[PDB]
**Q** 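The structure that follows is given in the form of structure tokens.
Using the numbering of the PDB entry, the residues shown for chain A are 662-744, 749-780, 786-1010, in order. We count ligands from 1, going down the list as the structure has it; atoms in each ligand are counted the same way. Per deposition record, X-ray crystallography, 2.0 Å.
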Amino acid sequence: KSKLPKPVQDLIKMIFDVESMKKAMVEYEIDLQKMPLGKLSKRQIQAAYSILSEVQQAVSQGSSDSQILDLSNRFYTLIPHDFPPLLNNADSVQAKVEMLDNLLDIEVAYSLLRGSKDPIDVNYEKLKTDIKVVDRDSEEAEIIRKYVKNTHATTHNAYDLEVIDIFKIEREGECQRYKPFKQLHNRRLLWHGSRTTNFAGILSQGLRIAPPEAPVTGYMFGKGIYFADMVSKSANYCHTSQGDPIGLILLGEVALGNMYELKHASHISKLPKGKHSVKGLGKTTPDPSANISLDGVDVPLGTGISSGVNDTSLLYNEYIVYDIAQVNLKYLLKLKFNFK
Ligand SMILES: O=C(c1cc(Cc2n[nH]c(=O)c3ccccc23)ccc1F)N1CCN(C(=O)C2CC2)CC1
């Protein structure tokens, strides 16, 4: 019988939930009979990202309708679906890139799982992350809760958020890998929301950069690690419904350095000299006059006020780093979503 405290055991259950893995696949219209959870592989996915990279290049550089259709036919061969939309544009590509991002982390969670002691303690060790419950009445839980209420956007009014549990986390080797940037200026505690089915992958391997095979054109600001300073922007990425109105969000200390400010899409491979991050400018920004500090990290917990900028693609800000060593995962929050 496991010694871990109940909110932790309950977190481990959610993360390694094989049912939620299948649900998330069927939501991306995958053919479970032609390709179930067990038949999913890292290199199949990586090859499917490569076909998408080839699709985007064929659309860009003038290629025959016959060519793109063959590249498309191969994607659907490699990843069987059951609905066959032609992958001939940036939109069709982004939708498949978003699905593979989920498949890659689902296959990570199923590889660990299917690879003496209580099975919960075993699965917790495969995470290679120390997890502690943060006491509700601490300074840490004071700051983390205010950040939530304030930075929830007015337009994402469809639900209200309620904090269930706050976990302090520590990935093995992350502080040592972080050491080079531990010095950098502009250090912000930012939100990163993802489906619960991706958390085994995020804790075991940390937040990564998409595989080399993934098209840089498949992400608005290219192949980086993305954060928001507005809780609801990241909480929307939890994709909580009603069969599961409980999602997980991360808080990571991010080494922003010099921010390359952008208003629109920029499919960036590497940053220009003199820059360490990208800041996508939102129409609404959390007030810089209500900012606070926590353990050497700046917290933009200010309320949502106009940034001035109007000619932008983004309603709200977002932050991108292009080195995995620029992020320090600090907290995992378990949230309750209350829909209208
Ligand atoms: O950080 C993102 C990412 C997330 C999103 C959606 C998103 N998800 N979550 C957020 O909190 C967020 C905040 C601001 C802007 C977007 C987001 C979009 C493009 C991205 F490149 N990654 C997706 C691609 N990466 C992978 O490891 C994929 C799984 C193989 C690197 C991590």
**Q** Give the PDB name of the drug at ligand 1.
**A** olaparib
**Q** So, counting contacts under 4.5 Å, which chain has the most with olaparib? Name it the way UniProt does.
**A** Poly [ADP-ribose] polymerase 1, processed C-terminus
**Q** Report all residues and nucleotides of other chains within 4.0 Å of olaparib (non-hydrogen atoms).
**A** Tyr710, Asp766, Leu769, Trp861, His862, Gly863, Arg878, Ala880, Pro881, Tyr889, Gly894, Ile895, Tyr896, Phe897, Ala898, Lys903, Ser904, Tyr907, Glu988
**Q** Report, in ascending order of atom number, the atoms of olaparib lying under 4.0 Å from any heavy atom of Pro881.
**A** 30 (C)
**Q** For atom 3 (C) of olaparib, what is the closest protein heavy atom, and at what distance to 0.1 Å?
**A** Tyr896 CD1, 3.7 Å
**Q** Quick test: of every protein heavy atom, which one is nearest to atom 11 (O) of olaparib, and how far off is it to 0.1 Å?
**A** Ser904 OG, 2.6 Å
**Q** Measuring heavy atom to heavy atom, which UniProt active-site residue of chain A lies nearest olaparib, and how far away, to 1 Å?
**A** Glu988, 4 Å
**Q** At what distance is the nearest protein heavy atom to atom 23 (C) of olaparib, and which residue and atom is it?
**A** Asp766 OD2, 3.5 Å
**Q** Heavy-atom contacts with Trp861 under 4.0 Å: which atoms of olaparib show up? List them by number with element.
**A** 11 (O)
**Q** Okay, next thing: UniProt's NAD(+)-binding residues in chain A - which of them have a heavy atom under 4.0 Å from olaparib?
**A** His862, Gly863, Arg878, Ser904
**Q** Most residues of chain A in contact with olaparib fall within which UniProt domain?
**A** PARP catalytic
**Q** At a 4.0 Å threshold, what atoms of olaparib neighbour a non-hydrogen atom of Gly894?
**A** 1 (O), 21 (F), 31 (C)
**Q** Note the single closest protein heavy atom to atom 17 (C) of olaparib, along with its residue, its atom name and the distance in Å.
**A** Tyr907 CE1, 3.5 Å
**Q** Considering non-hydrogen atoms of the protein only, which is the closest contact for atom 31 (C) of olaparib, and what is the distance?
**A** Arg878 O, 3.0 Å
**Q** Please state which protein non-hydrogen atom is closest to atom 9 (N) of olaparib and give its distance, to 0.1 Å?
**A** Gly863 O, 2.8 Å
**Q** Can you list the olaparib atoms lying under 4.0 Å from a non-hydrogen atom of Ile895?
**A** 1 (O)
**Q** Quick test: of every protein heavy atom, which one is nearest to atom 30 (C) of olaparib, and how far off is it to 0.1 Å?
**A** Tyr710 OH, 3.5 Å
**Q** Short N/O distance, under 3.5 Å, between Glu988 and olaparib?
**A** no
